[PDB]
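Figure: dinaciclib in its bound pose on Cyclin-dependent kinase 2.
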Amino acid sequence: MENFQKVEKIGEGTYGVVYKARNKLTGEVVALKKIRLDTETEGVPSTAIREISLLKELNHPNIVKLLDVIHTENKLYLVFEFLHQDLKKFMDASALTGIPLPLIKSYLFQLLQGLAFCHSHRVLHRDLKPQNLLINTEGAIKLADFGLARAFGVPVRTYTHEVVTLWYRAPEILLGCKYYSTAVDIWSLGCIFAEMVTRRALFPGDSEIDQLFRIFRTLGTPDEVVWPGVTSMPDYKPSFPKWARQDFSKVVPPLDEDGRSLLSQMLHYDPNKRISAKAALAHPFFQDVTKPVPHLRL
Ligand SMILES: CCc1cnn2c(NCc3ccc[n+](O)c3)cc(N3CCCC[C@H]3CCO)nc12
């Protein structure tokens, strides 16, 4: 568009480049995502247009606001509210000392509120990761890109050939389950929670089988006892090695007993057993939750 001065490139997202831009008629500063398609084919599938446009109504204080969905030329632009930092960069910048535990708790509590809202409206994210959790100077954290995965799919590589990360992917997806449920987002958020606390990714796989086997090495190879139906999933192999489950006290120290209990429920293998966002908000871990302001150096 010529509707925007394009103040900088913010980064490269799953589907295309993301810019910080100023709207000239409002003076508003926004984030613009350029999403394309191989022009020749389907194009923008008109079906992605309708369901993405529906996301303009999915508003909550912990969901990054989708301001507009512009279909023009053969390009789809999503105009979003702008936030000043993403959690991946904030975690990297906090490597030395760690994000303080009360800020970690606040962020998790706010993220669960955004999931509970979206889930109650039957919208899933499916590709939660630190890069798409955005924060501001006032202590808020918001989820970006809810609903897009349903619309475009999740590719192996991005538009610029970068590898899409598998680290936060739920085991039912890796085992080939066709139908995602809201439990996939709870798994991803559990993995992000553990990474905030320990300052290392919980399961940093570099292929689908490395990702699955990292999960099995820590939580034990799932069986029919812990996950009824697992041996029948499309990508399950009877030849998977049989690892014993480790103890949580070893996986996320120094998390206290409430935190470890909650994380265990967010990482249950059976998606039917995995805690819901609503139920997680009532867990005793959040009894003393507060809303601290982070040190942001913009
Ligand atoms: C929803 C669009 C949006 C709004 N703000 N924002 C931010 N703001 C933080 C920030 C700002 C200025 C420079 N840096 O480095 C970080 C980052 C971000 N993204 C992270 C990086 C890859 C692109 C992309 C993915 C997730 O939308 N997307 C957005």
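Numbering of residues begins at 1 and proceeds along the displayed sequence. Structure determined by X-ray crystallography, 1.7 Å. Values below: every heavy atom of this structure, side chains too, minus hydrogens, waters and symmetry copies. Whatever order the structure lists ligands and atoms in, that order sets their numbers, starting from 1.
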**Asked** With a cut-off of 4.0 Å on heavy-atom distances, which residues and nucleotides contact dinaciclib (ligand 1)?
**Response** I10, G11, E12, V18, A31, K33, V64, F80, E81, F82, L83, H84, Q85, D86, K89, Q131, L134, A144
**Prompt:** If you look at the UniProt active-site residues of chain A, which one is closest to dinaciclib (ligand 1), and how far apart are the nearest heavy atoms, to 1 Å?
**Reply:** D127, 9 Å
**Message:** When you compare dinaciclib (ligand 1) with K89, is there at least one nitrogen or oxygen pair between them that comes in under 3.5 angstrom?
**Reply:** yes
**Asked** Of the protein's non-hydrogen atoms, which lies at the shortest distance from atom 6 (N) of dinaciclib (ligand 1), and what is that distance?
**Response** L134 CD1, 3.5 Å
**Prompt:** Which residues in chain A does UniProt mark as ATP-binding that also have a heavy atom less than 4.0 Å from dinaciclib (ligand 1)?
**Reply:** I10, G11, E12, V18, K33, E81, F82, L83, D86, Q131
**Prompt:** Which residues, listed by UniProt as Mg(2+)-binding in chain A, lie less than 4.0 Å from dinaciclib (ligand 1) by heavy-atom distance?
**Reply:** none
**Request:** Give the numbers and elements of all dinaciclib (ligand 1) atoms closer than 4.0 Å to a heavy atom of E81.
**Result:** 4 (C)
**Prompt:** Which residue and non-hydrogen atom of the protein lie closest to atom 24 (C) of dinaciclib (ligand 1), and at what distance in Å?
**Reply:** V18 CG2, 3.9 Å
**Asked** Looking only at distance, does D86 have an N or O less than 3.5 Å from an N or O of dinaciclib (ligand 1)?
**Response** no
**Asked** Considering only protein heavy atoms, which is closest to atom 3 (C) of dinaciclib (ligand 1), and at what distance to one decimal place?
**Response** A31 CB, 3.4 Å
**Request:** Examine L83 against dinaciclib (ligand 1) and note whether any of their N/O atoms are separated by less than 3.5 Å.
**Result:** yes
**Prompt:** When residues of chain A contacting dinaciclib (ligand 1) are grouped by UniProt domain, which group is largest?
**Reply:** Protein kinase
**Prompt:** Which residue owns the protein heavy atom closest to atom 17 (C) of dinaciclib (ligand 1), what's the atom, and how far is it?
**Reply:** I10 CG2, 3.4 Å
**Contacting atoms of dinaciclib (ligand 1), where contact means under 4.0 angstrom from a heavy atom of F82** = 4 (C), 5 (N), 11 (C), 12 (C)
**Message:** Give the atom numbers and elements of dinaciclib (ligand 1) that come within less than 4.0 Å of a heavy atom of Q85.
**Reply:** 9 (C)
Using a 3.5 Å cut-off on N/O to N/O, what pairs does dinaciclib (ligand 1) make with the protein? A line per pair would be great.
residue	atom	partner	partner atom	Å
dinaciclib (ligand 1)	5 (N)	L83	N	3.2
dinaciclib (ligand 1)	8 (N)	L83	O	2.6
dinaciclib (ligand 1)	15 (O)	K89	NZ	3.0
dinaciclib (ligand 1)	27 (O)	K33	NZ	2.6

